**Q** 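I have a structure here, written as structure tokens, and I will follow up with some questions on it.
Lettering follows sequence order; numbering is per chain, from 1. Both counts, for ligands and for their atoms, begin at 1 and track the order of listing. We show just part of the entry here, counting contacts only within that part. Reckoned from all heavy atoms, side chains included, excluding hydrogens, waters and symmetry mates.
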Amino acid sequence: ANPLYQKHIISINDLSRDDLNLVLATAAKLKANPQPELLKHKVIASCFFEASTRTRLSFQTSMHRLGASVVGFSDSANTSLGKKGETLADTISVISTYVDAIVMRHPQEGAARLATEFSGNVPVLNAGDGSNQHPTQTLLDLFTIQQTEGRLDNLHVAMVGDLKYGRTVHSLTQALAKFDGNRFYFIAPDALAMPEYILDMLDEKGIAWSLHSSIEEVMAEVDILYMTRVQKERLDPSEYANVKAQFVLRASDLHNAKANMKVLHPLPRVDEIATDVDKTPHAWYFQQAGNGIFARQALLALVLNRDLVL
Amino acid sequence: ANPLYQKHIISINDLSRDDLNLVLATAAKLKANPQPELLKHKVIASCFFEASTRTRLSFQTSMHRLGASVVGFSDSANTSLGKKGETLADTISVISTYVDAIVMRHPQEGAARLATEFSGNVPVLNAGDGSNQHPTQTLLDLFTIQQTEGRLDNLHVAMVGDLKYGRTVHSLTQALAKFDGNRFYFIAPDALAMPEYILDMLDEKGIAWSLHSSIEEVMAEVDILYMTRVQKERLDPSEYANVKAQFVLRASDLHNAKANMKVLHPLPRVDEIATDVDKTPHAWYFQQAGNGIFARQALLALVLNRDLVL
Amino acid sequence: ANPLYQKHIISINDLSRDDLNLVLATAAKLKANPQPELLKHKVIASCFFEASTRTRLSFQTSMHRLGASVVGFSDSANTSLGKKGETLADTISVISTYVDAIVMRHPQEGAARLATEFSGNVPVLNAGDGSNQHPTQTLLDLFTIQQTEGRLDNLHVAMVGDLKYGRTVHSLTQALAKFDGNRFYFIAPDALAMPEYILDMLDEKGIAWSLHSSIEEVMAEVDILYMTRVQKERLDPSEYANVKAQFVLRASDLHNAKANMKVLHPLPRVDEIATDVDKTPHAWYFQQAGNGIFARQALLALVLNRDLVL
Amino acid sequence: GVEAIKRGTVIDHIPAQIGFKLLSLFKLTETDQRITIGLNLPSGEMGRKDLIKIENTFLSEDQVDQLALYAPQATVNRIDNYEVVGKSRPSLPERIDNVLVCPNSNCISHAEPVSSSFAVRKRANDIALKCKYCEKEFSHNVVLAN
Amino acid sequence: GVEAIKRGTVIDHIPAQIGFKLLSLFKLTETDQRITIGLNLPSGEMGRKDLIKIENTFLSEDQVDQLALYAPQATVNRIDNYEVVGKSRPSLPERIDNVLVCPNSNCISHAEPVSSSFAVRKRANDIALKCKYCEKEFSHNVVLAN
Ligand SMILES: O=C(O)C[C@H](NC(=O)CP(=O)(O)O)C(=O)O
Ligand SMILES: O=C(O)C[C@H](NC(=O)CP(=O)(O)O)C(=O)O
Ligand SMILES: O=C(O)C[C@H](NC(=O)CP(=O)(O)O)C(=O)O
Ligand SMILES: [Zn+2]
Ligand SMILES: [Zn+2]
């Protein structure tokens, strides 16, 4: 069997550099050599309890492209959880008697983990849980850095925006800390700083990070500028000061950047990234999006099919 | 004619130290020897466009103690301004053809100055306009200090809470800088600091003021500890950080206090003054309220009577 | 000093048969020979935290017939209690520094008792507190019975409707058990039965009471048929079963009635008294309302005047 | 004996499973003075007892009144120089201040800054508590219950 | 002494004012069996220790470990007929299940019918607690609700 075969994918914290590389090698293989009936006869649940454009559509296109069938919801209001007050435990309990895997997005931290407890032999894939994890996001991110930088080690990584609630940076930071000689630059308002629990590990793994107050004290030395959106729907009133992007990127700030340097963003972007950047060759976010198809295909293949791909 | 005879009481910036003195002298006088008919045959309009418990009832009580009648509203919702789309200029133009004085409290700064331009001969009394001024609070406040301290000079005054939106402390500050030797100590969240226009004034008039991070650091030397409520309804969302009171007074913090020191508060109080303070001899906010009767009775008598012989 | 001189009129449980008698004697007296200036120079606060048509206007009419002035509110929404978060304890503390008596109607039981603890020397009159008491209704009710029956003893009284939430029938029951020989007949949906605390009292005082399933079974022997409206606004959802009136009176059911029998109703009436009842000589609810003037005029005169010589 | 102290209080005959409650409600534990607690100790009468011992400490006037409500069987023993200088048994007061919570949800008692107060009335079946504010009467069974 | 058992367990040396806490959390007092608690007693090394004695009961190793959070100085004596057969000292457990509550308001943990669960980790000053669910790590200080 393949290492990820029938495993839940809930947090980057639970995967090893090994797991990661496997997914990336597989992704590359499928990007090259599509397998249209790899998952012929499977039925996957696409359960979204929170908003989504890229994660859901990209996950569903991938299922279709590998020959799988898809059942699900993109809104919980018309689910019996929505209207009859059923617990989520009861919801994963029955849904897990119909499909071969559950993909799910939920607004509360640890929903993905709670479902693993009530799904039986049916793997659960975390499409995002509150502000905790977003593992399949880290995957397409990793695939993109490698694709554009040529490696995953000895990278200079700047993460700007909302690091407190951005489940995307939690996951990616733990992914790259698993590699060596990675260097972190964290640019955020103090109310939205990178969680303590994340720095503590950087420290222990003896990885180097610094806080900067401007995109510009780090521009000339970064390989990757990972921008993020303020998780406006996650803040409490006490934090409404911070609703507006404190760090905005214009094509103009890309004046001292290395030539390999790419600007990534999980999307969507509000105003933290002006549209004039879209034209510069450092703009890689639409490409980043597109890769979600390969990384999300490689994942499903591994989790639902015993044997390694061709 | 007295100096105040038929004057508009809009801003404390428009009255002199003598003007202020004439009101406390008269207030002092009505308190001892009442006049049930100075305002016999006068109709006063009481127009509250914003909520009020104390400012409106004390004014209306004051009006009746002096024999005048009252017409008005406590809710602009049933006026033709609230339902048929009438401007304030037109409201004031017609109400001024009916009454003898107009008392008005409004949500927008400068609402009371504008009324003076449409009222003709009819005195407008500002019961509060947005976070601008509250001259009638300042008259009952001066009256209370004087009465408990015996002077309006050489006092050591502390103003705590929301100094920014506090129409009450904007007026009191300008009133006490009209007297000699007053020393101010301002304690407020940064977001809610005293406007610079007031600070510029203490500076010009070369008045001694200081900013403090705690009540306690000034506790042993104030004559007056003036607490204010956070103007929740005026805050901008970025300031929602500040909704809760940063400085809370408790019986226990009065340990150091001078014996003569009194705690004043324009009221209402949320959580900034614990109720245990209520039982100490420092607590003077309920006697301060009561004094709104004598100070508002004295102001109505001067604006409307050419000569007051008491 | 009269017995009622400066007393708080909170609960009928706090007044004796003599107290009650002094009000009907005085009410009887003001009705014949009016006093346009007993309350000359008094300011009374009329504080309605709950809707009222009759209780507030009769009290305010009563106040003016006697020469007193009135300040107050009919809507707590524009007070600083409604908008700035002020407690009732603080509201009452300051209003009590302005006025001579405080009339208050509130949605929570015991609201009026609490006010007595913050008002100092100022008499609080309970115009209704939740589904607890309505002492001033009971005074105008006793006055009406007496006047139409000639006694307050040996009557046969029927109370119909919502007995549970009826602050009106809670007070009247305690008032008539203070007189000798009264016999009660209670007709109410089970859900809306008379609280046991009242029943325990009739029992102790060894008063004869009975429960009936119909009006008609007692029609031929009541002196007073006291109808009540279902307290829709007080019901708990489980009681929504009871929203409609179970017992409806129609002209036709008065066929059996004693000639002297009168139909009383605190008002307003929904569907429990058909309008055809209005044309019969039994219908006495509009004359009952009118009597709120004489009974409330007599109570204000006693609380506020040490000696009444009429 | 079983736990002789010099000078302190001793509560015995505490209905089983109430010993802990009282150690909590009374505030018995916010002390620096040696306490001894015996839980699920046997009683010849109704079957099991809890007993609390507090050294250099005596039970407030109210505190023994609250006992009335809770352990209406409890015996409060006073001690001085290892001697049972005085022996009291709880009696139902007339009114209980600020420890009870009015079961009437619409009581002002909840929303405002006041202390609860109930008038006590020993019936024939239970104790009847009357809320000073709402005037509604409840069974101490309902008032006291979790 | 304080009170000797023939069988059961003795938890000697519960740092002062923690004897109460533990009687609460590990619900050690929800039995029809004899518990003997001595609060605020001495013995050289530290001036006032709390001793808890449960008869006809034996703690495990899991249960004994949890105790490490509150009293890392403790000593559980395993009694099998009057004298001290077994003696164990608490050791930081791998995780604490069901006793605590996640301070993350948005934990799925609150809403749904799962058992709380935390992974216990050593930092410097304190013990960090990491929610099984929300994966947020807290300080032993904050987990315990205030
Ligand atoms: O929402 C963002 O800011 C980050 C990230 N977004 C994405 O996954 C893309 P989408 O919400 O379209 O699925 C997420 O955490 O949801
Ligand atoms: O609102 C306050 O905190 C202060 C001050 N308050 C008062 O005037 C008292 P009131 O709102 O009852 O008239 C205000 O500026 O309106
Ligand atoms: O509301 C009723 O049905 C009975 C009674 N009604 C009255 O007092 C008349 P009103 O509401 O006009 O003052 C009440 O308890 O408020
Ligand atoms: Zn109550
Ligand atoms: Zn959690």
**Q** What would the PDB call the drug seen at ligand 2?
**A**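 The name is N-phosphonacetyl-L-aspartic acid.
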**Q** Per the PDB entry, what is the name of the chain that shares the largest number of close contacts with N-phosphonacetyl-L-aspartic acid (ligand 2)?
**A**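 Its main partner is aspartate carbamoyltransferase (R state), catalytic chain.
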**Q** I'm curious which other chains sit close to N-phosphonacetyl-L-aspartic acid (ligand 2), say any heavy atom under 4.0 Å. Can you tell me?
**A** B, C
**Q** Answer yes or no for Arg105(B): is there a heavy-atom contact with N-phosphonacetyl-L-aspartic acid (ligand 2) below 4.0 Å?
**A** yes
**Q** I'm curious whether N-phosphonacetyl-L-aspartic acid (ligand 2) gets near the natural ligand site - which UniProt L-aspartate-binding residues in chain B have a heavy atom within 4.0 Å of it?
**A**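 I count these UniProt residues with a non-hydrogen atom in range: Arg167(B), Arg229(B).
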**Q** Can you check which of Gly292(B), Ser80(C), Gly130(B) brings a heavy atom nearest to atom 11 (O) of N-phosphonacetyl-L-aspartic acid (ligand 2)?
**A**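 Among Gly292(B), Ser80(C), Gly130(B), the closest heavy atom to atom 11 (O) of N-phosphonacetyl-L-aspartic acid (ligand 2) comes from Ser80(C).
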**Q** Would you kindly specify which portion of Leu267(B) sits under 4.0 Å from N-phosphonacetyl-L-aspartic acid (ligand 2), judged on non-hydrogen atoms: side chain, backbone, both or neither?
**A**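 Within the 4.0 Å criterion, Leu267(B) contacts N-phosphonacetyl-L-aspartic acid (ligand 2) through backbone atoms alone.
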**Q** So is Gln231(B) touching N-phosphonacetyl-L-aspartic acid (ligand 2) or not, going by heavy atoms under 4.0 Å?
**A** yes
**Q** Pick out, from the UniProt carbamoyl phosphate-binding residues of chain B, those with a heavy atom under 4.0 Å from N-phosphonacetyl-L-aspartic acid (ligand 2).
**A** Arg54(B), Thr55(B), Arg105(B), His134(B), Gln137(B), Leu267(B), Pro268(B)
**Q** What residues contact N-phosphonacetyl-L-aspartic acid (ligand 2) if the heavy-atom distance limit is 4.0 Å?
**A** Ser52(B), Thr53(B), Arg54(B), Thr55(B), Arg105(B), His134(B), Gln137(B), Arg167(B), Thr168(B), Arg229(B), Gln231(B), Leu267(B), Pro268(B), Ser80(C), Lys84(C)
